[PDB]
Peer 1: 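Below is a structure I'd like to ask you about.
Within every chain, numbering begins at 1; the chains are lettered A, B, ... in the order of the sequence lines, protein sequences first and strands thereafter. When a ligand or atom number is given, it counts from 1 through the structure's own listing order.
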Amino acid sequence: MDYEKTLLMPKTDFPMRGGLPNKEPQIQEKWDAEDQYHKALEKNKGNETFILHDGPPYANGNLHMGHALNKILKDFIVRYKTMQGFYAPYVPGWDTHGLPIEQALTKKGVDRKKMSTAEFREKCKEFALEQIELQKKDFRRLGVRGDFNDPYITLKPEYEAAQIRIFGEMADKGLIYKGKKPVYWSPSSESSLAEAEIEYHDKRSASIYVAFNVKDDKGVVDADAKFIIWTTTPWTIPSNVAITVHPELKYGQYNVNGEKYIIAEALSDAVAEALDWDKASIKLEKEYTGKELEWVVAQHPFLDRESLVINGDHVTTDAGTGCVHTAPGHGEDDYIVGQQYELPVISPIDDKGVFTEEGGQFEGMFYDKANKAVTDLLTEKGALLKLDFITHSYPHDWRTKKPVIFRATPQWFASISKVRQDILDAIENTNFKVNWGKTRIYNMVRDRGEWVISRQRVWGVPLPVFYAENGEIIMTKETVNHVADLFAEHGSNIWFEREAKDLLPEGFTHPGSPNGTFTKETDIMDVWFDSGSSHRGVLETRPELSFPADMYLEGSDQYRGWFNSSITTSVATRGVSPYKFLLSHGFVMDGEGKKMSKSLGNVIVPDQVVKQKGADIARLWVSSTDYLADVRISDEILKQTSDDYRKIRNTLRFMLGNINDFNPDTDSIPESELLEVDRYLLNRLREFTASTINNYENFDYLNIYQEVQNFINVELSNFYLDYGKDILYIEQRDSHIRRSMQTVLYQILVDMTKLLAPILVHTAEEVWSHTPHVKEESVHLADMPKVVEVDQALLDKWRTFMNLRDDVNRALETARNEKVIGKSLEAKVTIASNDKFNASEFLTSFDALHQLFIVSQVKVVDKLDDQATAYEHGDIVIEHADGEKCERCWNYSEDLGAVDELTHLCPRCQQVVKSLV
RNA sequence: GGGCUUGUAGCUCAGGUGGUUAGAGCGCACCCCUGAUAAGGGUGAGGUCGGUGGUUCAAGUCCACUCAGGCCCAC
Ligand SMILES: C/C(=C\C(=O)OCCCCCCCCC(=O)O)C[C@@H]1OC[C@H](C[C@@H]2O[C@H]2[C@@H](C)[C@H](C)O)[C@@H](O)[C@H]1O
Ligand SMILES: [K+]
Ligand SMILES: [Mg+2]
Ligand SMILES: [Mg+2]
Ligand SMILES: [Mg+2]
Ligand SMILES: [Mg+2]
Ligand SMILES: [Mg+2]
Ligand SMILES: [Mg+2]
Ligand SMILES: [Mg+2]
Ligand SMILES: [Mg+2]
Ligand SMILES: [Mg+2]
Ligand SMILES: [Mg+2]
Ligand SMILES: [Zn+2]
Ligand SMILES: [Zn+2]
């Protein structure tokens with residue numbers, strides 16, 4: 001007859017293959033339907049709280065692997081805290097203002113000039129919300145649990161109003177002020193431009209050398225040797241302002257003939273070389289320290305009146321002559337280092353290349369031809385020049401293809417310098433996972449210049465400022481807070497819909513404008529300000545949250561980004577960091593650790609990992625990366641992830657099928673009555689559990705990925721589950737020995753699925769769904785197993801038994817290569833003490849060595865002759881087992897018997913079978 | 001160029017105060033099993049630690065320089 005019918009084979013419909021791309025949507029569908037997000041919250045209703053504040057991704061485009069890495073790590077954290085009983089609301093957010101979106105619309109074919117600000121802004125909003133829906137869909141497909149149905153958005157009235165109140169408070173503490181800054185300006189478009197509207201094209205520029213003297217006397221500290229000058233911009237000459245000097249680097253030359261001017265060290269060679277001067281390459285003499293040449297007061301001719309100073313510099317040396325000269329009226333950093341000191345803003349020029357003030361003969365022409373021929377009047381006619389024509393790449397208006405120039409424009413600033421030390425101190429009191437995180441942002445805030453907070457665009461939050469003709473600036477608590485009031489109720493659009501007096505309080509009045517009339521600012525705030533105020537607009541505003549967030553977690557680029565604008569803004573108005581803990585991760589690279597491009601074809605997108613392999617696979621990958629640095633993804637990397645996932649899943653499947661008939665409520669064996677081998681695994685489970693919780697407490701998911709594998713592969717699959725077959729399949733269903741293993745098997749099943757739940761969200765649920773008798777619905781609404789003390793002596797004892805098992809297996813291998821044995825069951829193992837190990841005594845405290853080694857018989861003797869091979873754990877002798885093969889359990893027995901139609905059954909199996917019938 | 005950061009076996013990772021033949025899991029090779037079967041067991045082969053030079057009796061582990069990466073600036 002057939003023996004398999006009497007066997008107890010595993011039973012479960014839990015599939016070996018995941019089918020993730022088709023199973024996960026259903027599971028997600030159910031989680032939403034049963035509003036688990038809010039259920040998870042009410043489950044921990046009055047417990048300690050954990051607030052992880054989400055940084056708002058930009059509402060434009062497709063999520064990339066970075067969004068996935070970042071969101072999945074966040075979910076790990078909140079899920080684990082939730083599973084430890086913490087009330088941990090996770091509310092995603094979206095960054096919705098900014099130039100990029102205005103551009104998307106324009107590129108889409110919207111066209112501002114043809115509808116008005118109000119209609120264009122609504123178009124931006126409509127677009128942002130559409131993008132959000134798409135992104136929200138993708139985020140949820142990763143298995144992330146969060147308030148996705150009621151996320152915070154920077155375009156929401158309440159958020160905008162909060163942002164305004166932040167602007168108001170900073171303005172009150174005197175941290176907001178109006179000034180000016182140079183910006184790309186297109187005389188063609190009669191408007192300023194951002195780098196995104198700039199494209200380079202070669203241009204004909206007449207470069208000249210205007211060597212200017214060093215009169216006065218304050219600068220005659222070292223002779224009266226003139227200071228040369230070279231500008232590729234003749235119109236950038238009527239801007240008499242300082243010169244240059246890169247501290248440390250010195251040299252002055254002072255050479256024969258001419259006037260013994262000044263060049264430089266690494267410059268000299270490539271300086272006079274083109275100066276046409278080479279009257280016997282005359283040698284230098286009295287070089288006078290560059291760096292130290294500060295305040296070397298020098299009158300710069302051409303029709304000057306003021307002498308130009310010189311201060312520290314940042315980047316000057318190169319093919320470009322050592323003589324730079326400045327004029328904050330038309331220069332990027334030419335304005336920074338050139339302003340700290342009493343410096344008057346130079347040059348005019350209206351929205352058109354035309355100027356007026358200070359302009360001599362050229363009082364109404366342009367910045368071009370009015371130079372190359374006009375201003376070229378004032379040149380070598382006293383400053384020794386060399387009018388040359390050169391070609392180089394130059395900034396151009398991308399639509400008009402015409403040249404762009406720098407021009408100082410009124411801008412608004414946030415006074416970082418006044419709150420600097422305050423931010424530094426808040427950082428010092430901020431916790432970090434790694435010390436360099438603290439150092440990076442520290443030096444950041446330390447070397448940070450003033451914050452330009454204004455932009456001349458329409459898609460954003462308006463600076464709540466009003467102007468009173470007579471002078472200007474109306475920015476008081478009353479005015480800002482009333483604007484906040486309106487914004488809170490109508491949103492920012494109100495600003496573009498109403499007149500100034502409608503945006504002002506109760507029939508407001510001010511000394512300015514005796515006629516009760518007012519003007520309003522038009523600039524909007526920099527988007528960094530928008531997100532940077534998220535701690536106010538969401539943490540302080542929403543009921544479920546609390547201002548100081550337990551932590552912020554984002555990419556490395558946020559040290560200059562959201563981490564920075566958020567702390568700057570929070571310290572300014574609250575005096576504290578908006579985050580008690582700052583955790584950052586790296587970027588996602590390809591397999592070689594190189595940037596994903598597209599021209600290179602090494603991208604890999606989240607949407608594809610999910611569709612092709614599954615969200616649970618994208619997640620396991622995350623847990624396996626050392627996120628504190630850059631991480632790497634590729635097809636070979638993911639094939640690995642797939643292979644580990646299959647092993648975890650398959651192992652869980654086997655355990656599931658073998659506890660299908662186990663009812664914990666009535667079949668469990670007391671710990672004190674478990675077979676010792678079962679108590680050993682129960683303790684390996686406790687050890688693995690303790691270790692994993694610790695890892696979760698430290699955000700060390702990589703350690704869990706590593707340990708889970710070793711526990712699943714080595715302890716379970718390789719050993720316990722294998723050895724268990726001779727028990728689970730053969731013993732009587734309700735026998736003490738079978739129920740003892742099931743008792744531990746069940747606990748491991750349950751606990752391990754719970755311990756993995758934060759990571760393998762879908763599979764954990766699917767396994768939970770196939771486990772009999774689990775209390776709660778959903779693993780995700782259950783608590784982590786409690787950490788208990790392990791029996792260390794039991795562990796050491798079995799650790800040694802395991803190392804002894806390896807020697808046996810080695811002995812079994814040798815014998816198997818010799819065809820002496822096939823499966824380990826056809827073997828008889830004899831072992832005895834060695835000089836290296838007292839095997840005989842040690843093996844005395846173990847039961848059923850034959851089952852433990854998966855062999856038919858084990859004989860412990862005491863001593864073996866010089867036939868037995870020696871092992872680290874004793875001498876071992878392997879030979880084919882005695883007796884005949886029992887057709888049921890496949891162990892060899894010398895006492896096979898028949899039970900009715902079933903022959904060749906060992907005594908053990910005869911008993912099990914007889915109890916069937 | 002500046003701040004911070006990474007480089008150990010095919011892959012992902014371990015390797016306190018420097019000290020015998022650098023560890024793990026997977027993968028791979030070969031063998032066994034065929035009662036987890038688009039499964040399972042076993043053995044074994046692979047790194048000299050990005051490079052060079054030093055400190056030291058002795059360095060993956062300390063120093064210097066260097067190569068190739070990464071984020072953010074300077075640009
Ligand atoms: C880890 C990251 C990128 C990455 O890993 O790079 C992924 C690879 C890019 C894909 C390449 C495409 C081809 C392009 C080509 O051709 O070159 C960065 C992080 O991202 C996630 C989150 C985004 C939020 O909005 C940011 C917020 C906080 C602030 C308020 O704005 C944030 O945490 C951010 O710091
Ligand atoms: K088999
Ligand atoms: Mg680790
Ligand atoms: Mg294995
Ligand atoms: Mg390597
Ligand atoms: Mg490697
Ligand atoms: Mg590492
Ligand atoms: Mg191996
Ligand atoms: Mg080498
Ligand atoms: Mg050496
Ligand atoms: Mg020596
Ligand atoms: Mg060491
Ligand atoms: Zn061109
Ligand atoms: Zn039997």
Peer 1: Could you check ligand 1 and tell me the drug name?
Peer 2: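 You're looking at mupirocin.
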Peer 1: For mupirocin in this structure, which bound macromolecule has the most atom pairs within 4.5 Å, going by UniProt?
Peer 2: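 With more contacts than any other chain, that's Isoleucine--tRNA ligase.
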Peer 1: What other chains contribute a heavy atom less than 4.0 Å from an atom of mupirocin?
Peer 2: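 The other chains with a heavy atom that near are A.
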Peer 1: Which is closest to atom 28 (C) of mupirocin in terms of heavy atoms, A:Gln558, A:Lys595, A:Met589, A:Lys74?
Peer 2: A:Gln558
Peer 1: At the 4.0 Å heavy-atom cut-off, does A:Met65 count as touching mupirocin?
Peer 2: no
Peer 1: Hey, quick one: which of the residues UniProt lists as binding ATP in chain A get a heavy atom under 4.0 Å from mupirocin?
Peer 2: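 Among the UniProt binders, by heavy-atom distance, it comes to A:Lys598.
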Peer 1: Taking 4.0 Å as the limit for heavy-atom contacts, which would you say applies to A:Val588 with mupirocin: side chain only, backbone only, both, or neither?
Peer 2: both
Peer 1: Need the mupirocin atom indices (1-based, order shown) with element for anything under 4.0 Å from a heavy-atom of A:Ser531.
Peer 2: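 Near A:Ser531, the atoms of mupirocin are 30 (C).
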Peer 1: Applying a 4.0 Å heavy-atom criterion (strictly less than), which segment of A:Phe587 is in contact with mupirocin: side chain, backbone, both, or neither?
Peer 2: both
Peer 1: Give a yes/no verdict on whether any heavy atom in A:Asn70 is under 4.0 Å from an atom of mupirocin.
Peer 2: yes
Peer 1: Going by heavy-atom distance to atom 17 (O) of mupirocin, choose the closest among A:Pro56, A:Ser597, A:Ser556, A:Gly66.
Peer 2: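 Among A:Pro56, A:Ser597, A:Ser556, A:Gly66, the closest heavy atom to atom 17 (O) of mupirocin comes from A:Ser597.
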Peer 1: Just jot down the mupirocin atoms closer than 4.0 angstrom to any heavy atom of A:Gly586, in number order.
Peer 2: 1 (C)
Peer 1: Side chain or backbone, does A:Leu69 bring an N or O within less than 3.5 Å of an N or O on mupirocin?
Peer 2: no
Peer 1: Backbone, side chain, both or neither: what part of A:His585 comes under 4.0 angstrom of mupirocin, heavy atoms only?
Peer 2: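 Within the 4.0 Å criterion, A:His585 contacts mupirocin through side-chain atoms alone.
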Peer 1: Name the UniProt Zn(2+)-binding residues of chain A with any heavy atom within 4.0 Å of mupirocin.
Peer 2: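 Checking heavy atoms, no UniProt Zn(2+) residue is near mupirocin.
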Peer 1: Judged on heavy-atom distance to atom 19 (C) of mupirocin, which of A:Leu553, A:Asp557, A:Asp95 sits nearest?
Peer 2: A:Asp557
Peer 1: Using a cut-off of 4.0 Å, list the other ligands and ions near mupirocin.
Peer 2: none
Peer 1: Does this entry model any covalent linkage for mupirocin, and to which residue and atom?
Peer 2: none
Peer 1: What is the residue list for the binding site of mupirocin, using non-hydrogen contacts under 4.0 Å?
Peer 2: A:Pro56, A:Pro57, A:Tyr58, A:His64, A:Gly66, A:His67, A:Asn70, A:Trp528, A:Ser531, A:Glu554, A:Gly555, A:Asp557, A:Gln558, A:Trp562, A:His585, A:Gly586, A:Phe587, A:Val588, A:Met596, A:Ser597, A:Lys598
